[PDB]
Trainee: 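Once you've had a glance at the structure underneath, I'll fire off some questions.
One letter per chain, A onward, in the order of the sequence lines. The residues of chain A that appear here are 1-218 by the PDB entry count, in order. Here the PDB entry sets the residue numbers for chain B, with the shown residues being 1-215 in order. The PDB entry numbering applies to chain C: residues 34-54, 64-127, 135-146, in that order. Heavy-atom basis, side chains included; hydrogens, waters and symmetry copies ignored.
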Amino acid sequence: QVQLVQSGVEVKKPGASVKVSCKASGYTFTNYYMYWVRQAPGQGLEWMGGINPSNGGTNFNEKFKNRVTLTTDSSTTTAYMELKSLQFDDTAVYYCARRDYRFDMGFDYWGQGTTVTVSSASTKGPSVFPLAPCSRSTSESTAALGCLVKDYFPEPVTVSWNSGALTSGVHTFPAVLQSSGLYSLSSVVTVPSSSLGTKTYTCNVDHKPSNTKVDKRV
Amino acid sequence: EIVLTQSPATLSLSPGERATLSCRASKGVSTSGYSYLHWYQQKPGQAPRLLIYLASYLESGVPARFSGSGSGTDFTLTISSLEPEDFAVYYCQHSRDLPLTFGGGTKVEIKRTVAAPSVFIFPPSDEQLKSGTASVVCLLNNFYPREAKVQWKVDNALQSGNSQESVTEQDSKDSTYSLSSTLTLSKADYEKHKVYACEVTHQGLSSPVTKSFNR
Amino acid sequence: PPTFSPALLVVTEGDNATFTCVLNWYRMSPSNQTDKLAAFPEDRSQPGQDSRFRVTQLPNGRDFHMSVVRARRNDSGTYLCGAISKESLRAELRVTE
């Protein structure tokens, strides 16, 4: 059924090691070579190594030599990727891709991806602050309000507005990583200025890793 | 070692016009009548998807709308009639030698008539300042092209390196961006000034817009 | 289909061995287990490829040379070549000490 499935998300400290798995199913396992590709957040792709499951031979990008171990298991049709002495720039999405062993006809099939995050930060719930204009109302019909979700680790957060009833014209921005190692993002909404004192507007912020849920209103 | 440089970084057309991408290798990736050059399509948040392999050959299941060509060391991915799904990133990769490398990708976007952003400024919230930090948010909503010079500006001296931008992925119905710049100060350094202005420069504006507040 | 000759080849250890068959060169293991050793053209991205297995091309005649250098005793076994763009019949090699 020609589809690879990778292991769960990983959050490691610098100097630690991570072992990602890639389970193949429904093709002749030893009839395809396995390659590992990674991609740092919002960047291009970087090849790490390749493995031949029939005998265990390996290819290596030299940037990871003696830092990466690629292993295979014919019994469970599962390839592994172990990245040791993790660095901060190793934060990326790690893929496994298969390639025909008869000849290279491209990486036809890829796994869903495993996100690995290397940081010295500890899990922390976000602080939420209102985004409201300094002085409400000129006669311009549409005003903008929102919430600032700041100082949390790690990703991700889910922001909804007014218990999810209001979604028209909502922009929750991609989280950015601050100097402290904590992510921060904003949730924006444009509404009628006429229906500002009339209606009530709340963002509800959920960060399940920290188990923190906070309702804030503007 | 071989590097591939896709030219150029970004294109943008309406769901119909011909799309032509380029992949431009440092050295020769063609040998014995075979070019170790493949093309993948990646939409945000998902694994890449191979379309053309070995320069010319098309991967099964992929529409004939895509076509690969070129040889020796010059290659071109050609898309003729686009659909809404087709707008994404496209990478080329070589297998001529080790290590395997990828192009930086080419992002194809939806070109619209230039739209001007609605600018909004946000002061820090009483809740946040007594925690000891002041965060000022400037919001740009619905604007094309993406290039926007967002300058933070505090009491007629220019702020440098204390802000962060964040650009949405193109929204679906409008395919225009939205941006949010956040400036961070210590609350102490924050209350030693008065006017906090966000100067937005954009093509779809005859002149820059300034949104400000007084503390 | 190509010929892949000789139908069986016997050589001494350390002595080269060559057959005459994209073009792939497999050795056959059990239960339909097959592993490619070399290929024309050379496969660069093949993990752990054994350099002693070469597949030079002759001038012409669609002639090819499947050469295994400095043979080992365990190199003896079951070899065939195929063309991809159909197997060719099974030609053998035994290694003597």
Trainee: Under the nomenclature of UniProt, which macromolecule has the greatest contact count with chains A and B?
Mentor: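 The chief chain, as UniProt names it, is Programmed cell death protein 1.
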Trainee: Drug at chains A and B - which one is it?
Mentor: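 PDB records call it pembrolizumab.
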Trainee: Which UniProt domain of chain C gets most of the contacts from pembrolizumab (chains A and B)?
Mentor: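 The majority map to UniProt domain Ig-like V-type.
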Trainee: Identify which chain of pembrolizumab (chains A and B) has the largest number of heavy-atom pairs closer than 4.5 Å to chain C.
Mentor: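 First place in heavy-atom pairs goes to chain A.
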Trainee: Could you list the residues of chain C near pembrolizumab (chains A and B)? Say, heavy atoms under 4.5 Å.
Mentor: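 Within 4.5 Å by heavy atoms: C:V64, C:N66, C:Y68, C:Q75, C:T76, C:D77, C:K78, C:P83, C:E84, C:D85, C:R86, C:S87, C:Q88, C:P89, C:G90, C:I126.
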Trainee: Which residues of pembrolizumab (chains A and B) count as contacts to chain C when heavy-atom distances must stay below 4.5 Å?
Mentor: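 Residues with heavy atoms in range are A:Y33, A:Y35, A:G50, A:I51, A:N52, A:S54, A:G57, A:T58, A:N59, A:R99, A:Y101, A:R102, A:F103, A:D104, B:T31, B:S32, B:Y34, B:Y36, B:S95, B:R96, B:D97, B:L98, B:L100.
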